[PDB]
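The structure to be discussed contains sulfathiazole.
Just so it is clear: chains get the letters A, B, ... in the order the sequence lines come, proteins before strands, and each one is counted from 1. Atoms within each ligand, like the ligands themselves, are counted from 1 in listed order. Note: hydrogens, waters and symmetry copies are ignored here, and every other heavy atom, side chains too, is used.
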Amino acid sequence: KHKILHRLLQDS
Amino acid sequence: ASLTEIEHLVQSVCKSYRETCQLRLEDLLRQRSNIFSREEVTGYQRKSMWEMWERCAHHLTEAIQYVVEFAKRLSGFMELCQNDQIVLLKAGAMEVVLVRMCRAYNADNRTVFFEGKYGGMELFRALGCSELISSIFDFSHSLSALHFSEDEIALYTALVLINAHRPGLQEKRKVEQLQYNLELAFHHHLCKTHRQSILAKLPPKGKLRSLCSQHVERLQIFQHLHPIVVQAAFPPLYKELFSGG
Ligand SMILES: Nc1ccc(S(=O)(=O)Nc2nccs2)cc1
Ligand SMILES: COc1ccc(O)c2nc(C)c(C)nc12
Ligand SMILES: OCc1ccc(-c2cncnc2)cc1
Ligand code: NA
């Protein structure tokens with residue numbers, strides 16, 4: 001669930 | 001927040017907006033005479049419904065990725081918990097895209113910059129969601145009449161996103177405070193530039209929600225007709241935001 005969004009928000 | 005901090009907030013939001021737009025406004029304006037021919041328009045109208053939905057979902061997904069980058073650069077957004085960051089983006093990303101799109105809309109001939117040229121709403125006939133397309137065009141037309149500066153869109157879209165009324169927010173009071181500061185930044189900027197007259201002309205609370213709800217409804221209709229197209233050929237981020245993964 002919410003796989004992509006979680007990755008984009010983590011991707012720093 | 002104090003006065004100097006509000007001015008810093010205004011500068012920060014405007015910079016974050018400019019850095020998170022795929023195209024420069026100057027690039028869009030210089031392409032205004034680059035219009036699709038009647039043959040090219042007929043070409044888009046002859047595309048299959050599924051081909052046109054796929055193309056449009058890919059372009060919307062790219063626009064949303066830029067909106068996520070914009071959110072990440074907003075002061076306070078990254079300090080919210082992940083649940084709240086996701087709630088705000090799921091509820092607000094499409095709304096930000098709908099506001100940003102007036103920068104790519106030419107009110108003079110009612111065209112949008114799509115796949116390298118400007119075209120009218122007739123370009124989208126194959127989608128089979130005429131009512132939604134005309135409502136999006138009407139919305140962009142209504143915003144274009146306001147003559148927004150890029151700074152005004154930056155501050156307004158930060159507010160579209162930072163909305164403490166979204167259902168599901170765990171740290172509601174924390175979002176109310178970020179919203180109050182962003183509202184002060186927005187109103188300070190309008191007061192400073194003598195543009196407070198636009199406040200009364202901003203879209204009603206409910207117009208953006210209506211457009212987002214119509215998008216979700218039209219997607220469900222397309223998904224019932226072409227379930228394998230959505231599963232195999234739509235971007236995973238699009239499905240996460242609009243069809244629960
Ligand atoms: N075809 C196209 C038109 C406009 C843009 S944008 O850079 O204005 N980014 C935007 N994001 C949301 C609305 S406009 C990108 C591609
Ligand atoms: C700037 O306007 C657009 C750009 C890219 C698109 O895929 C669009 N797709 C649609 C369906 C609409 C109404 N506008 C679009
Ligand atoms: O069909 C709804 C829809 C689809 C795409 C866009 C869009 C994408 N990229 C730039 N501007 C606008 C807006 C609304
Ligand atoms: Na415009």
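- In this structure, the ligands or chains belonging to sulfathiazole are ligand 1.
- Contact analysis gives the chain with most pairs under 4.5 Å to sulfathiazole as the one UniProt calls Nuclear receptor ROR-gamma.
- Every other chain with a heavy atom under 4.0 Å from sulfathiazole is listed here: B.
- Measured on heavy atoms with a 4.0 Å cut-off, the binding site of sulfathiazole is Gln22(B), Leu23(B), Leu28(B), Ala63(B), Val97(B), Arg100(B), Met101(B), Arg103(B), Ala104(B), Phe113(B).
- In chain B, most residues contacting sulfathiazole belong to UniProt domain NR LBD.
- Scanning all protein heavy atoms for the shortest distance to atom 16 (C) of sulfathiazole gives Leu23(B) CD1, 3.9 Å.
- In this structure, the protein non-hydrogen atom closest to atom 12 (C) of sulfathiazole is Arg100(B) CB, 3.6 Å.
- For atom 6 (S) of sulfathiazole, the closest non-hydrogen atom on the protein side is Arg103(B) NH1, 3.5 Å.
- Taking every non-hydrogen atom of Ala63(B) and a distance limit under 4.0 Å, the qualifying atoms of sulfathiazole come out as 11 (N), 12 (C).
- In the deposited model, no covalent bond links sulfathiazole to a chain.
- The nearest protein atom to atom 4 (C) of sulfathiazole, hydrogens excluded, is given as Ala104(B) CB, 3.6 Å; this is a heavy-atom distance.
- Ranking protein heavy atoms by distance to atom 1 (N) of sulfathiazole, first place goes to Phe113(B) O, 3.0 Å.
- Every atom of sulfathiazole is numbered from 1 in the order shown, and the set under 4.0 Å from a heavy atom of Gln22(B) is 7 (O), 15 (C).
- Every atom of sulfathiazole with a heavy atom of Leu28(B) under 4.0 Å away is listed here by number and element: 8 (O).
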